[PDB]
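Numbered from 1 within each chain, the chains take letters A, B, ... in sequence-line order. Only this structure's heavy atoms are used, side chains among them; waters, hydrogens and symmetry mates stay out. Each ligand, and each atom within it, is numbered from 1 in the order the structure gives.
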Amino acid sequence: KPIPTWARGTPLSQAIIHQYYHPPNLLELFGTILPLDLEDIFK
Amino acid sequence: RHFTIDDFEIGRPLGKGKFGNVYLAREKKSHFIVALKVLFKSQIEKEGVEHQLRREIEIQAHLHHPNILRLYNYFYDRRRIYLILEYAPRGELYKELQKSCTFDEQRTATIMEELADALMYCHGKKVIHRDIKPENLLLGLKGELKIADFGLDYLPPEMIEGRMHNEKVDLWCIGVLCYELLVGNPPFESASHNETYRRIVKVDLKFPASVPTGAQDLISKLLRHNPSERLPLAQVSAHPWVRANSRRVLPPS
Ligand SMILES: Cc1cc(Nc2cc(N3CCN(C)CC3)nc(Sc3ccc(NC(=O)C4CC4)cc3)n2)[nH]n1
């Protein structure tokens, strides 16, 4: 599989450092982890 | 709130199959880099671990610590369960131990301080055990430890939800890790299982010249047959050796 520029080599590395120094609000970006609904999943 | 596979971009696979179906991804809207792990319901149904997972997710749900790999959220389709997880840029510890062969005092002591705080945190949040085998340990950007943990009528719920490990099992595993980091192999390794078991139960611990006195003391205090005699977490992070050699970095967490 060809590997996107962003995911390879250097541009990955920069994306990581920025992200490391800019910890965003995780409640916003992802939300509230809901209880796993075992039945509405395996049936 | 809601999520689908359609709002991530895959970068590359990570496991090489070793850790299942795991992928470097970023969320399309934010360009935030996560690690995405795909779980097949057929593999779960099979092994009958649906209640572990349910419960595991509830555990991770409220586990915010810079030395615990973070679960951001999850989602599912007709056949798969996807976990949106924190991406640890330096990957697996056990590979970095190979590149290194062994770890110096500072690296190893730092890792003992990070473990001790991660696990103490966990107790304070009613999570009494976590799996620490070197397979489960990842490295942050600045080298920081990241513990990554997934895997009849008379059975109580704790057995069904997988939550059966004792608090003092980890203290032992801490000893084993410390030794393996400094020596480059575990303390009771052998040609055979029979021999290894005999060595483990007899705690036949032998320190080579490459283990500094201070480590011998810590390790000897953790690796005790009797679990009540094992050195508490609070005393592991307060150990003189650990405290003198630990140069621990923290992220803006
Ligand atoms: C889940 C996860 C994985 C990562 N990061 C990485 C990073 C990585 N790298 C490959 C080697 N170079 C040096 C770049 C870093 N290699 C792996 S290989 C790997 C894959 C999976 C796991 N562990 C799991 O998937 C556990 C959570 C279920 C450990 C190592 N995982 N962050 N988060």
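Of the candidates tozasertib, bictegravir, tivozanib, the one located at ligand 1 is tozasertib.
The chain in largest contact with tozasertib bears the name, in the PDB entry, of aurora kinase B. Counting only heavy atoms under 4.0 Å, the other chains near tozasertib are B.
The region of chain B touching tozasertib is mostly the UniProt domain Protein kinase. On a heavy-atom basis, rounded to 1 Å, the UniProt active-site residue of chain B that sits closest to tozasertib is B:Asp131, 10 Å.
As stated in the entry, the source of chain B is Homo sapiens.
The 4.0 Å heavy-atom shell around tozasertib contains B:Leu14, B:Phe19, B:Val22, B:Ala35, B:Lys37, B:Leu69, B:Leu85, B:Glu86, B:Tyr87, B:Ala88, B:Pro89, B:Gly91, B:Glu92, B:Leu138, B:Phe150.
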